Amino acid sequence: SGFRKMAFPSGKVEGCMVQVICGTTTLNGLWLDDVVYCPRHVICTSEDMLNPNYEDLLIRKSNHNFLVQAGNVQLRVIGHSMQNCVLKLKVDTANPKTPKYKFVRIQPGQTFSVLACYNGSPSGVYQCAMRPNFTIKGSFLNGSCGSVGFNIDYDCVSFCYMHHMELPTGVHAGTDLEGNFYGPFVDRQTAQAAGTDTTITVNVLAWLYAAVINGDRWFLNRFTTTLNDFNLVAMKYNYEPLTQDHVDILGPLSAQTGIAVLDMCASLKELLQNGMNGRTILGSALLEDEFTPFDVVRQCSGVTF
Amino acid sequence: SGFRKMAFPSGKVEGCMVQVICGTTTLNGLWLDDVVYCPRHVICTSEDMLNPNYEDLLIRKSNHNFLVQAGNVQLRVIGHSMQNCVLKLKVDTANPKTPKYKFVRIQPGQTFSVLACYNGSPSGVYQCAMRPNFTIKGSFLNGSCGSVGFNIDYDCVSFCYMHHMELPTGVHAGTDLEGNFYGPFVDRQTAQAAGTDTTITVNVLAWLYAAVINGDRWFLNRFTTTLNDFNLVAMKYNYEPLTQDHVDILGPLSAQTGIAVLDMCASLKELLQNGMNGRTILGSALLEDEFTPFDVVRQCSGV
Ligand SMILES: *C(=N)[C@H](C[C@@H]1CCNC1=O)NC(=O)[C@@H]1[C@@H]2[C@H](CN1C(=O)[C@@H](NC(=O)C(F)(F)F)C(C)(C)C)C2(C)C
Ligand SMILES: *C(=N)[C@H](C[C@@H]1CCNC1=O)NC(=O)[C@@H]1[C@@H]2[C@H](CN1C(=O)[C@@H](NC(=O)C(F)(F)F)C(C)(C)C)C2(C)C
């Protein structure tokens, strides 16, 4: 038993991380097959970033301006392309450690593991969620660009995030692996802000199911409620509305604990109305919302890769 | 910027996880060179665990009783010995993925990454601290035995933990890689007690420095205190006493923020006495204590 914020094993992704140097700039790249993916502002000087013309900057660059190093090895670039906000550099060598992989674009509320990297070396791994405002509450210093987020399906690595920049209040923004930003953000050093963030309700319900499975039950109440009554309250407290699709996703957890989803919604309703009164749930004094219903099932059943 | 509970990359340890089968029982092993390490209760039946005599139970096992699978391929066991609470199985194949490694016994308050495994296959990775009562707060199901905790020093993997059992309160107990338990626990299915846990004060101060570095400053004050003043306060709240050595460990953080270790202690004392007034620090409503002063320096300066 117990319940922890848990990241996927990073081994498969570590084997794809490389260093990309263009000029003075040094950041991280993702080496899959004979293509290396990295953020396109690697071609930028600190002056360029205030308002870059990427198309102009890139055409001026030749293949030999891009240094790709995979540990001790040095990869020879034989092609460079730009797709949205990522540079694609073709290399003379296919990554022999390329795992089974997809490129996916996740919806808000879905979680993933981030492998934080600097100079192409993995530094650490942690778990995060795509916030409803399309930011992620991460941990990134200068030089972390190109660190990627991923999910693992048995042996297939679904890459969903590449890191680019930090927004006001210390939140983070980036792209899918096709270079399209999550949210209304641009890779320019200009005034941007994320927008009001909301709590991921279906994940809070999943986390409450993790608690019950682990013995924390003091919050279960005798009441119940309709889906529309719950959502009326939840939007009052800046919680995302619960949809019928969210109810079905919670089915497995509902059938394990014999607690109807709408019964659990009533417990949550009272938690937002009467506060937690200094009490804790699975050790936390706040309601946790970065566990998906799938995360909870995985951790409580022992799924492996 | 930002601050997260962060684990070491688990790749080097993934290549050392094998499945160990002995009769009906299955659990995880750690394959280093031509040796596999696993908890010794892999030799117990359902009944044996209530009161095992491991010497006698092992005497009735043979090398051919132990089936080690590494991915698909089965390994050949050619020798076995018992070192305290772990079995050491010699195999006919050195692990070609063996990293540079050492075995260490960690102190309370130190942190490490756990690679949680089932049937020799990794399930997930998370960070935890050795509690002062020599338990850890983990996530462990049946079959998780033989999962290991570890730190990475550049390229060397320091193994410090192998998981054995779960205690009544849902916390978890295990051994170092020589098989000596952390704490006063035994590998037997009988009611056991962890004892009173305390807060790792020097880690809480490290977390507060992480907060100040990340712009969350509302808890700072120009108040002061002595180490004896603070420690007299801290013990009332079940906080481990702060030593001068802890003050020396916190030095790099103090110098990076320009806040004396003891000014920060005066802020922690104020926090324990007055609560948080519903405030949060780094988005947390409670004081976090599983970040060491080294962890904070690493994450906030990018090692
Ligand atoms: C990658 N090398 C860094 C990683 C950043 C820096 C600090 N923390 C991180 O995650 N990325 C940047 O330096 C990018 C890079 C130019 C500016 N930038 C920023 O992250 C800046 N942010 C913004 O301009 C804002 F707020 F709009 F996001 C900075 C103020 C330096 C944090 C480019 C191309 C965006
Ligand atoms: C080995 N894979 C399991 C892992 C446990 C089971 C649930 N979570 C875990 O971390 N470990 C065991 O089953 C060990 C094994 C016999 C009993 N045991 C326990 O963990 C038991 N605990 C205790 O008896 C107590 F209270 F002392 F901790 C159990 C009640 C099954 C949790 C042996 C040899 C210790």
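In this entry the chain letters A, B, ... are assigned according to the order of the sequence lines. Here chain A follows the PDB entry for its numbers: 1-305, in order, are the residues you see. The numbers used for chain B are those of the PDB entry, and the residues that appear cover 1-303, in sequence. In each ligand, atom 1 is the first atom listed, and ligand 1 is the first ligand listed.
- The drug occupying ligand 1 is nirmatrelvir (bound form).
- In the deposited model, most contacts to nirmatrelvir (bound form, ligand 1) involve the chain that UniProt calls 3C-like proteinase nsp5.
- Other chains within a heavy-atom distance below 4.0 Å of nirmatrelvir (bound form, ligand 1) are, by letter, A.
- Residues with a heavy atom within 4.0 Å of nirmatrelvir (bound form, ligand 1): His41(A), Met49(A), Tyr54(A), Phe140(A), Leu141(A), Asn142(A), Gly143(A), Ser144(A), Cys145(A), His163(A), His164(A), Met165(A), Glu166(A), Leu167(A), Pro168(A), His172(A), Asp187(A), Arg188(A), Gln189(A), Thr190(A), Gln192(A).
- Most residues of chain A touching nirmatrelvir (bound form, ligand 1) map to the UniProt domain Peptidase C30.
- Of all atoms in nirmatrelvir (bound form, ligand 1), numbered sequentially from 1 with element shown, those under 4.0 Å from a heavy atom of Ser144(A) are 4 (C), 10 (O).
- Looking at the UniProt active-site residues in chain A, the one nearest to nirmatrelvir (bound form, ligand 1) by heavy-atom distance, rounded to 1 Å, is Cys145(A), 2 Å.
- Not a single protein heavy atom sits closer than 4.0 Å to atom 30 (C) of nirmatrelvir (bound form, ligand 1).
- The list of other ligands and ions under 4.0 Å from nirmatrelvir (bound form, ligand 1) is empty.
- The deposited model shows a covalent link between nirmatrelvir (bound form, ligand 1) and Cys145(A) SG.
- For atom 14 (C) of nirmatrelvir (bound form, ligand 1), the closest non-hydrogen atom on the protein side is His164(A) O, 3.6 Å.
- Distance from atom 25 (C) of nirmatrelvir (bound form, ligand 1) to its nearest protein heavy atom, with residue and atom name: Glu166(A) O, 3.0 Å.
- Nearest to atom 16 (C) of nirmatrelvir (bound form, ligand 1) among the protein's heavy atoms is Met49(A) SD, 3.3 Å.
- Numbered from 1 in the order shown, with element, the atoms of nirmatrelvir (bound form, ligand 1) that lie under 4.0 Å from a heavy atom of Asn142(A) read 2 (N), 3 (C), 6 (C), 7 (C), 13 (O).
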